[PDB]
Participant: 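Opened a PDB file with baloxavir bound to Protein PA-X.
Here is the naming used below: chain letters follow the sequence lines, and residue numbers restart at 1 for every chain. Going by what the header records, the deposited coordinates were determined by X-ray crystallography, 2.2 Å. Both counts, for ligands and for their atoms, begin at 1 and track the order of listing. Basis for what follows: all heavy atoms, side chains included, without hydrogens, waters or symmetry-related copies.
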Protein chains: 4
Amino acid sequence: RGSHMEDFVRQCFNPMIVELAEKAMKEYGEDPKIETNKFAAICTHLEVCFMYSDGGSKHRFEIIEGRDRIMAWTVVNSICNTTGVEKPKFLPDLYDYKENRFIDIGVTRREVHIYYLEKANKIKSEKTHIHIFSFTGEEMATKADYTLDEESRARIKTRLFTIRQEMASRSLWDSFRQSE
Amino acid sequence: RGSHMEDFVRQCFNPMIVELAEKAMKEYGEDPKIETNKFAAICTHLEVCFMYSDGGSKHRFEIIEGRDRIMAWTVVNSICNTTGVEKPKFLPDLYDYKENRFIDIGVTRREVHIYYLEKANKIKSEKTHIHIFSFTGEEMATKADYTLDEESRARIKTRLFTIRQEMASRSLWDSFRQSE
Amino acid sequence: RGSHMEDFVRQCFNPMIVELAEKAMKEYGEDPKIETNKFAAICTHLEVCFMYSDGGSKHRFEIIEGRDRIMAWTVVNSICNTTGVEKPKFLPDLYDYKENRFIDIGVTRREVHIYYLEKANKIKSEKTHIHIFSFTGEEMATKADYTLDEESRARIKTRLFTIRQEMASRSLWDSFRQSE
Amino acid sequence: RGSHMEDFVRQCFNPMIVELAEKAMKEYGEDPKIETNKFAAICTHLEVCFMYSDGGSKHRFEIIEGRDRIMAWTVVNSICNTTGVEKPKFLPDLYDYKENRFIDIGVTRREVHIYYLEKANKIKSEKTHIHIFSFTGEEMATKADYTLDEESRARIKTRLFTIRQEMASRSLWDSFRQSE
Ligand SMILES: O=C1c2c(O)c(=O)ccn2N([C@@H]2c3ccccc3SCc3c2ccc(F)c3F)[C@@H]2COCCN12
Ligand SMILES: O=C1c2c(O)c(=O)ccn2N([C@@H]2c3ccccc3SCc3c2ccc(F)c3F)[C@@H]2COCCN12
Ligand SMILES: O=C1c2c(O)c(=O)ccn2N([C@@H]2c3ccccc3SCc3c2ccc(F)c3F)[C@@H]2COCCN12
Ligand SMILES: O=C1c2c(O)c(=O)ccn2N([C@@H]2c3ccccc3SCc3c2ccc(F)c3F)[C@@H]2COCCN12
Ligand SMILES: [Mn+2]
Ligand SMILES: [Mn+2]
Ligand SMILES: [Mn+2]
Ligand SMILES: [Mn+2]
Ligand SMILES: [Mn+2]
Ligand SMILES: [Mn+2]
Ligand SMILES: [Mn+2]
Ligand SMILES: [Mn+2]
């Protein structure tokens with residue numbers, strides 16, 4: 001079962017990010033060779049999260065993404081027990097030591113408005129800061145507080161649009177978009 | 001056809017920069033072993049662009065130079081579609097997320113004034129910021145806005161003059177200058 | 001004599017930190033394969049000190065920890081003879097060129113209050129700044145002056161709690177805590 | 001002719017710095033295996049210069065030291081022709097793009113006062129900034145302008161005193177000091 005999307009993912013993303021995404025899907029029992037749109041989404045979300053955590057000042061963010069589930073919750077636990085924040089119901093993506101809150105990042109193929117609505121009504125962890133990015137350059141953040149300065153977010157949006165174009169160039173964009 | 005200028009270029013410039021320049025000429029069908037003055041100019045322009053993008057704050061610049069033409073235009077496209085800037089008629093060298101504009105860098109063996117005139121009247125992309133450097137330490141930037149702080153530009157000018165001297169020391173300077 | 005704690009230490013800590021801790025115990029004649037709780041404490045203290053010295057601005061701290069005793073005292077001597085600070089009675093962990101004082105860092109399994117009391121009454125080098133961290137997220141610093149900004153200290157506390165959890169997960173936490 | 005001082009130098013200094021010092025002595029025809037005190041002085045001066053240039057902000061300094069004589073003068077030439085500073089009579093150690101002046105660094109085994117006098121009366125390049133360091137923690141800079149912030153200079157003085165101690169520990173200090 002060799003998908004053009006699998007080969008595309010492997011050439012489009014850093015090998016470390018492909019490895020971490022494969023390990024994520026295996027931690028949830030999914031298979032990157034079958035759920036290839038999901039493979040691509042997970043790689044994209046990972047790259048966005050790493051770029052995001054690179055946006056801050058040094059030591060600003062604790063990266064929860066890209067860890068195995070047990071260790072991700074371990075670090076969440078330590079953050080909660082040393083800071084006093086409430087433990088989220090669902091796994092966040094980052095923790096912000098500057099603003100002292102968890103960040104749940106999202107990347108959507110649709111209007112950021114409706115994806116943000118879904119996530120907010122899902123988690124309802126309140127304290128957890130939400131930050132949606134779209135493949136068209138839109139973003140949406142809790143309380144209109146976008147955490148990072150403009151240029152760091154602009155980089156992320158540029159990269160998302162480049163991924164979109166690469167997929168389109170290979171005719172994978174349609175199925176990806178109509179898979180979410 | 002072994003030129004002293006080819007060997008000089010290979011010893012004067014970083015091997016990565018020589019490789020990227022060779023790939024640029026091949027993308028336009030030119031041959032570094034024949035167009036050796038052009039080889040040297042492309043290597044120089046590349047080093048200047050990389051030093052330039054190093055001048056900013058972290059994440060400040062998107063580097064368009066040193067990519068294949070298709071991918072360079074891809075990244076231009078993403079920048080335009082996420083920021084709303086007008087798409088330049090000709091390929092720029094960088095994008096500035098701080099000031100939100102494309103930078104077309106030039107390096108000339110003549111008066112910066114006349115090279116800047118040529119480029120401005122050529123592209124006339126208006127929004128695109130022009131920044132000329134010369135092999136004698138002069139520079140010229142759109143609206144007298146030089147983007148970078150003094151020291152970062154001084155480094156570039158020093159390196160340009162050192163290249164000029166190295167060429168002169170080997171007696172390549174005259175043909176280079178009278179080739180532009 | 002193969003301890004679960006020895007294997008745990010070797011998988012929990014960076015190999016460089018394990019090596020430096022082994023060399024420390026050998027410099028004092030102790031054996032990491034027997035004093036395994038002490039092995040773990042020394043590794044932890046080392047990681048905390050390195051994170052601490054990473055918190056500052058560049059060039060801010062001189063690291064005294066992780067050197068052999070002779071060289072540690074050599075660097076203390078040079079600091080004292082170039083700055084004019086009084087030579088501590090006991091080896092400190094860092095020197096702060098910004099605030100111009102030695103830092104003795106401590107990590108305790110008990111109330112930071114009582115460990116700080118013990119160290120202060122022990123060294124009584126006055127000028128030497130004390131900074132206690134606990135495995136529960138508490139800290140205590142001379143004159144309520146915590147040297148580093150909040151986020152750098154938060155990172156350290158998170159890591160301490162993660163170590164605590166890893167030990168607990170393996171059922172080593174109890175003996176560790178009841179060993180201090 | 002195997003000197004304890006040669007072996008000491010090779011173990012005390014980074015291998016890159018030993019290599020650059022050997023190349024310096026060869027550029028002036030001297031031999032590190034005979035002029036071993038001079039070998040040590042050149043290595044020390046090199047380490048001080050590199051620490052110095054590390055003190056600044058990024059791009060602040062152009063390093064003239066550690067180049068072959070021809071290329072050192074080449075870079076001096078480029079600095080002079082792009083900035084307009086007067087060309088020093090003797091080779092400086094650094095150039096400061098922030099303050100726009102050449103720095104001649106000195107390291108002395110005697111009172112900084114008398115070494116500074118000697119150098120100032122020697123070069124008399126006026127514009128060239130002088131900065132003396134001593135093996136006892138004293139420094140002396142033109143116009144009481146010490147260029148770098150306190151901590152960066154403190155590091156240098158600490159390292160100088162550590163070198164002094166290492167030499168003393170091996171009984172080389174006396175001959176070194178009575179060689180200058
Ligand atoms: O962290 C996430 C996660 C997000 O953070 C997210 O933003 C969107 C979606 N997520 N989910 C990610 C994920 C992440 C990125 C893109 C798509 C998916 S789709 C489901 C899935 C995920 C991981 C492995 C796997 F096999 C999956 F089927 C799961 C939800 O359980 C916690 C971890 N996690
Ligand atoms: O980006 C440039 C470019 C510049 O950015 C530039 O400043 C001057 C000149 N350029 N041109 C560069 C180039 C770049 C630097 C120095 C000389 C040349 S000379 C023509 C040429 C170039 C690349 C390959 C090649 F084979 C060429 F003949 C082309 C114009 O088409 C877009 C890419 N490009
Ligand atoms: O630097 C320290 C040191 C501290 O800095 C410290 O905070 C607590 C305790 N220390 N001691 C450390 C140490 C460091 C960290 C955790 C536990 C121990 S327990 C005794 C011991 C140490 C080193 C080797 C060894 F074999 C030991 F038995 C010794 C006191 O002699 C100066 C060096 N040193
Ligand atoms: O740059 C220096 C230099 C200094 O910058 C300096 O501060 C003191 C002394 N210098 N001199 C250095 C030197 C540098 C550091 C310590 C001792 C010496 S002692 C003579 C000597 C030097 C280099 C090679 C050699 F074989 C020598 F005999 C020569 C003076 O000619 C320009 C280069 N240079
Ligand atoms: Mn996640
Ligand atoms: Mn997410
Ligand atoms: Mn270009
Ligand atoms: Mn250009
Ligand atoms: Mn210690
Ligand atoms: Mn300590
Ligand atoms: Mn010199
Ligand atoms: Mn000097």
Participant: I need every copy of baloxavir for my figure - which ligands or chains are they?
Facilitator: ligands 1, 2, 3 and 4
Participant: Which other chain letters have a heavy atom less than 4.0 Å from baloxavir (ligand 4)?
Facilitator: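 By letter, the heavy-atom neighbours are D.
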Participant: Nearest heavy atom to atom 15 (C) of baloxavir (ligand 4): which of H45(D), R69(D), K26(D) does it belong to?
Facilitator: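 Checking each option, the heavy atom nearest atom 15 (C) of baloxavir (ligand 4) is found in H45(D).
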Participant: Is any heavy atom of the protein nearer than 4.0 Å to atom 29 (C) of baloxavir (ligand 4)?
Facilitator: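 So far as the 4.0 Å threshold goes, atom 29 (C) of baloxavir (ligand 4) is out of reach of every protein heavy atom.
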Participant: Using a 4.0 Å cutoff against the non-hydrogen atoms of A41(D), which atoms of baloxavir (ligand 4) qualify?
Facilitator: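 Close to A41(D): 16 (C).
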Participant: Can you tell me if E35(D) has a non-hydrogen atom under 4.0 Å from baloxavir (ligand 4)?
Facilitator: no
Participant: Which option out of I42(D), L91(D), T108(D) puts a heavy atom nearest to atom 16 (C) of baloxavir (ligand 4)?
Facilitator: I42(D)
Participant: Give yes if a backbone or side-chain nitrogen or oxygen of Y115(D) is under 3.5 Å from a nitrogen or oxygen of baloxavir (ligand 4), and no if not.
Facilitator: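 By distance alone, the answer is no.
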Participant: Any other ligands or ions closer than 4.0 Å to baloxavir (ligand 4)?
Facilitator: ligand 11 (manganese (II) ion), ligand 12 (manganese (II) ion)
Participant: Which taxon does the entry assign to chain D?
Facilitator: Influenza A virus
Participant: Looking only at distance, does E65(D) have an N or O less than 3.5 Å from an N or O of baloxavir (ligand 4)?
Facilitator: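 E65(D) vs baloxavir (ligand 4): N/O contact under 3.5 Å present.
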Participant: Can you list, by chain and number, the residues with heavy atoms within 4.0 Å of baloxavir (ligand 4)?
Facilitator: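 The heavy-atom site around baloxavir (ligand 4) is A24(D), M25(D), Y28(D), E30(D), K38(D), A41(D), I42(D), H45(D), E65(D), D93(D), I105(D), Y115(D), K119(D).
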